[PDB]
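One structure is given here, and the rest of the page talks about it.
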Amino acid sequence: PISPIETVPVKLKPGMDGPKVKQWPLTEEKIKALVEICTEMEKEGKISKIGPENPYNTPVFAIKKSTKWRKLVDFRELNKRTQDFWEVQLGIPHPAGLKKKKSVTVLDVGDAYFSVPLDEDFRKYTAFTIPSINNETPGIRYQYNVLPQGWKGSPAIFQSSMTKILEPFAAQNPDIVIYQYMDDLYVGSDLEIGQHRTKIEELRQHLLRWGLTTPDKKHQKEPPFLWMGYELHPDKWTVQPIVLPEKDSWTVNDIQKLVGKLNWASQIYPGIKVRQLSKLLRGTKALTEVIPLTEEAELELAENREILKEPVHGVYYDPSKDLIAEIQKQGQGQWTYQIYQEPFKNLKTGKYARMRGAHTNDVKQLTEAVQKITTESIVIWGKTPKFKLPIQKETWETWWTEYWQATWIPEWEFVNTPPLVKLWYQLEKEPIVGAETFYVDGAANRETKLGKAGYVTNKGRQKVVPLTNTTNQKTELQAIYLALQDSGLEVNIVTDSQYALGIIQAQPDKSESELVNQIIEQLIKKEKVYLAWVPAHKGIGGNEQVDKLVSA
Amino acid sequence: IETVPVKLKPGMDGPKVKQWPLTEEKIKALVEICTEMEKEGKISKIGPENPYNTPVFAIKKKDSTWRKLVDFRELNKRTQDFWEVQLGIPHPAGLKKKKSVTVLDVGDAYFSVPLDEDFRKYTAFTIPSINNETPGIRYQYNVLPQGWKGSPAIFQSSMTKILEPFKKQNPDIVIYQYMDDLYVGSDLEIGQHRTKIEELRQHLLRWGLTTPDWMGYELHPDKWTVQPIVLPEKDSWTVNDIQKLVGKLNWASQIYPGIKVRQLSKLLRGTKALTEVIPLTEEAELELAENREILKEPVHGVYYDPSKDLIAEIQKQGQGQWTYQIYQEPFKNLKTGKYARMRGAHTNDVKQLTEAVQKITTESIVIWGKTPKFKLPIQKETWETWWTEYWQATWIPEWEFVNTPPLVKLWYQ
Ligand SMILES: Cc1ccnc2c1NC(=O)c1cccnc1N2C1CC1
Ligand SMILES: O=C(O)Cc1cc(=O)oc2c(O)c(O)ccc12
Ligand SMILES: [Mn+2]
Ligand SMILES: [Mn+2]
């Protein structure tokens, strides 16, 4: 039987020849099962006996579960020599981007790969041998005429063949939506149920004329459609059931799986947090190493169990209505958002929790969250959503005007729901007259890590603090912290540290360093702070005085 | 009708670059564009035996309703010695010196030349679908594609032949070709210069070669310079102002050897308040004046290395201003400049940055015949989602994204 499907031309990688692996012998009952299976495949034209001039071979095994044996060909060596193909189904649709349908049928293309022929010039490289008993007579030589299961090009070619077979049907029926995934077909429509079931039958018959069989209406699956970890109804979607185990002990493997399930659930279940649970995975990669759950991790997991206690579903996309995304701050640098078209029904949810570095502020993290949502929206719905954000316009406008990086802000609306995003402190742009001027400096030994941090002021006040287990960097930050502790509500501080200047001028309100947090606490309590910078060791007034004190 | 054989560089495979997700309006425009290009035979659909891909975008040079821009950056790197060594288009150093330089798009001419049949599979591109609902629409080029550095190398002989009557007619006009663009420079009055451009357009039109229809594609490289660093002139210096001044001069001494700050440091003795007024002594004024005379002279020993890449850094200055500098080795600037434009209602950051990158790239092409690699002060994801909204060039430079702020912001004001 010549197949009417146009074969795709396939080449081997340049300079490579076909496989030449010899077949290991198998037991007598495996060989008898292989001869029976291959004779039925030969009748159906899927394989063909070959002469001795073919020098190639690929090993074949046999194994069972039903009461039937199954043939298994190990194409690993042929796959290494096969050309690369156009990457297949790498990105799957997100259900929040599908549109509602009245009826959706799934169709399992039975025996899919073996229904698509294989390039004639390439068939010689798929040769395999059933061994004769005791290796006393010549083995039975076969080669494939269709897409072999487990070959590198079978998924790409089959999907290509399937699309070419479907395109006349879709052209005649633009009122039908088809999505192919592996050997399944999801067919959705808004037709009245009677004529929808008629189009399904017309599709099955169309497929059948190319040798593609599909389940009868008898054995056609029904809601829901378990697909890629989702549960899909024609009018609603959700994730498959998430089961978080109760364990007396937790290893890195168990918590990596736990963060994964929690991440997966966060696309619909609002409020999922994973900051404290992901902190436990820092640095360590021993899969079996037991990690003790911290106090905050136990609470976070408890908070997630309460969220996951009862089901939540998501609605599908209505292109006729606006796209709205709203963000709320959870604290500890954690954010969650919802994308919806109408209240009480979400398209999807999600979170943004990443700190870019050691220090950030809330306005920057909010902008990064809006960016993450803008990218996600373009992928799913092909457009940008209207934003509702817990920030007042004056707060963002003063931030992105003075932020050293370029940024783009979409049209948005202020939602008054606390906690609001705010600028907790703002350094002065010009020095403060009548405010004391602190010349701060620090120094430390790179071996003993013993340090000093102090200041000299124009009023004659001087101070030095001893420091242990510190660096030149930390001392320069301790020096600014010192001058903030010992100054009034207005203060000029002059440092020589470009490092410390870059941190504080970034105006952070959150940090992974306890020291920086304490400096943030002081800057909030101040009224006016001016931070100035001079080069070290250039004869610059009060800087040379405080440099001599802490150097000693 | 006879195709030029093209090959990759030895030991290199074709490009396999991800297609960026696109908005729905750009997917439609790309589908309409490509449906016509396929009817006109320029491109054909391909199958799964073609594993290569090159990203495509939709941009918009002002017109009624969308043009296709292919990011051949990867394929250009992988066919390099074919176009830079074998058929390299040399660079005339006089183009930067002409009073006026006009830029003309001749990329439409490539569409008449067929592409080497065994090379077409490397021009494969994909039109994405919204939410991956359908497999991408896969095309490959049958003719010379715009934005490919091989298209001018192949069309070069045909271009020299078409331009030959115009050059013998106008021996003083400089003509340089970079990819799909012609750069035409003259020393004429701006009125006579625009007439000469129209003449050249009519020459190309007469030989069947279509083209477009004080600023814009019209440049003036004789007014460009390398920009000087400047110190403020004040009547009252506070302790803070002098500390700003000694800080800048200390940074300047990293570039200029002869900078001195001793007389200025000695004004700030003994732990002063920042806001205290310090009148400049005679010795510091002369120290300040001598440093000002050093910064009006070019830094010497700065040379262009054709073996090295050009680097372009940009700083956001606020007030719609942006400063840039082009270099190959740090602190040895080959050019520095500034950019500014003032329409509050229509204008935003990404907008300005995008127009600055295109301006710097054009200055780079005119001067060195090569685009620089940009250190862009922007989030990676933010730039990748919005740069095609304001791109009006047919080429795309290399860029990376700087994540640390510089204090050198005010040092370039
Ligand atoms: C798994 C999958 C992937 C992509 N699209 C769909 C589906 N499956 C559905 O069940 C579905 C449900 C609702 C709307 N579209 C759906 N469909 C589409 C075909 C009508
Ligand atoms: O400027 C330098 O050469 C390094 C340097 C950085 C700094 O933050 O503080 C410094 C300092 O207090 C010194 O006494 C010497 C050098 C530095
Ligand atoms: Mn210091
Ligand atoms: Mn010091």
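We name chains A, B, ... by the order of the sequence lines, and we start the count at 1 in each one. Computed from heavy atoms alone, side chains included, the values below leave out hydrogens, waters and symmetry copies. Atoms within each ligand, like the ligands themselves, are counted from 1 in listed order. Structure determined by X-ray crystallography, 3.0 Å.
- Looking at ligand 1, one finds the drug nevirapine.
- The chain forming the most contacts with nevirapine in this entry appears in the PDB entry as Reverse transcriptase/ribonuclease H.
- Other chains, heavy atom under 4.0 Å from nevirapine: A.
- Taking every heavy atom under 4.0 Å from nevirapine, one finds A:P93, A:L98, A:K99, A:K101, A:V104, A:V177, A:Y179, A:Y186, A:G188, A:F225, A:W227, A:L232, A:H233, A:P234, A:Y316.
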